[PDB]
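Structure of avibactam (bound form) in complex with Beta-lactamase.
To match the PDB entry, the residue numbers of chain A are left as they are there, and the shown ones run 60-309. Any value given below was found using the heavy atoms of this structure, including those in side chains, with hydrogens, waters and symmetry copies removed. Each ligand, and each atom within it, is numbered from 1 in the order the structure gives.
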Amino acid sequence: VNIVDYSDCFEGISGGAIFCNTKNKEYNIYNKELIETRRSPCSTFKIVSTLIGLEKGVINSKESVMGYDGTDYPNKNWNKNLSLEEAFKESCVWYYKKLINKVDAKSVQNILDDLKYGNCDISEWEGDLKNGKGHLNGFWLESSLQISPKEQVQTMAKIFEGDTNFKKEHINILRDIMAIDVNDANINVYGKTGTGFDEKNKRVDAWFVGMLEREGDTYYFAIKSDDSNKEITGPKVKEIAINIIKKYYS
Ligand SMILES: *C(=O)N1C[C@H](NOS(=O)(=O)O)CC[C@H]1C(N)=O
């Protein structure tokens, strides 16, 4: 366990980072207090909800559809019968809400327990209804479910090292749709952003969680901001993450 200083890459934004290589068990941690603090995963939960949907047969491939019903949305790309691959990359909330609402709560509880997914608290299934957004809500979006950056990395490692019961075929679908283009062919980067605002503490929950492959070595990582500036989003934290990878993990 090395405590490290990635602060230059955060360019003044409050946050932390953790990178873990399970072959030689080197944990690199920036801002240990934050890295151990549980927070809502927001859209990073789509990593796990994709696997849940595949395991239960709600979806079957990166092509699979959820039966778009014509509802109007402001994001152009949500207004179509999009595939799993597209819904993941667009972070399409209606697709993943429809997916998860086809699965019984006990099945979800037992999967989260098996993954040690933070507090595994799905008690507020419908999510943070006080924000007014109705069905565009769920337990994983600033609601009952909370996970620390360290636990995210531990979960990613268990999934992608083959240490869960999820089918290898399903793991590989998730790998395919998480792949990121970082304009450097010598590293393979995979991940998912997440964006929320913690109304109680007036801080963002801005995430980028995933994995890095670089010549035999694999690092599992989680980068997280808790800044008070509402302009700090998951996509912004992904840029920070990419800068860290390029500076320190190349
Ligand atoms: C997930 O966090 N959400 C869905 C969507 N994706 O955000 S991302 O660009 O950080 O991946 C928008 C924000 C958020 C939500 N409000 O539901």
- [ ] Name the closest protein heavy atom to atom 11 (O) of avibactam (bound form), giving the residue it belongs to and the distance to 0.1 Å.
- [x] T252 OG1, 2.5 Å
Task: Minimum-distance protein heavy atom relative to atom 10 (O) of avibactam (bound form) - done: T254 OG1, 2.5 Å
Open item on the list: Just wondering where the covalent bond from avibactam (bound form) goes, residue and atom, if there is one.
Closed with: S102 OG
Open item on the list: Given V296, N190, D264, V152, identify the one with the heavy atom nearest to atom 17 (O) of avibactam (bound form).
Closed with: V152
Open item on the list: When you measure from atom 14 (C) of avibactam (bound form) to the protein, is at least one non-hydrogen atom found at a distance under 4.0 Å?
Closed with: yes
Task: From the candidates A265, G255, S150, the one that places a heavy atom nearest atom 5 (C) of avibactam (bound form) - done: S150
Open item on the list: I need the residues around avibactam (bound form) for a figure - heavy-atom cut-off 4.0 Å, please.
Closed with: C101, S102, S150, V152, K192, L200, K251, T252, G253, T254, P294
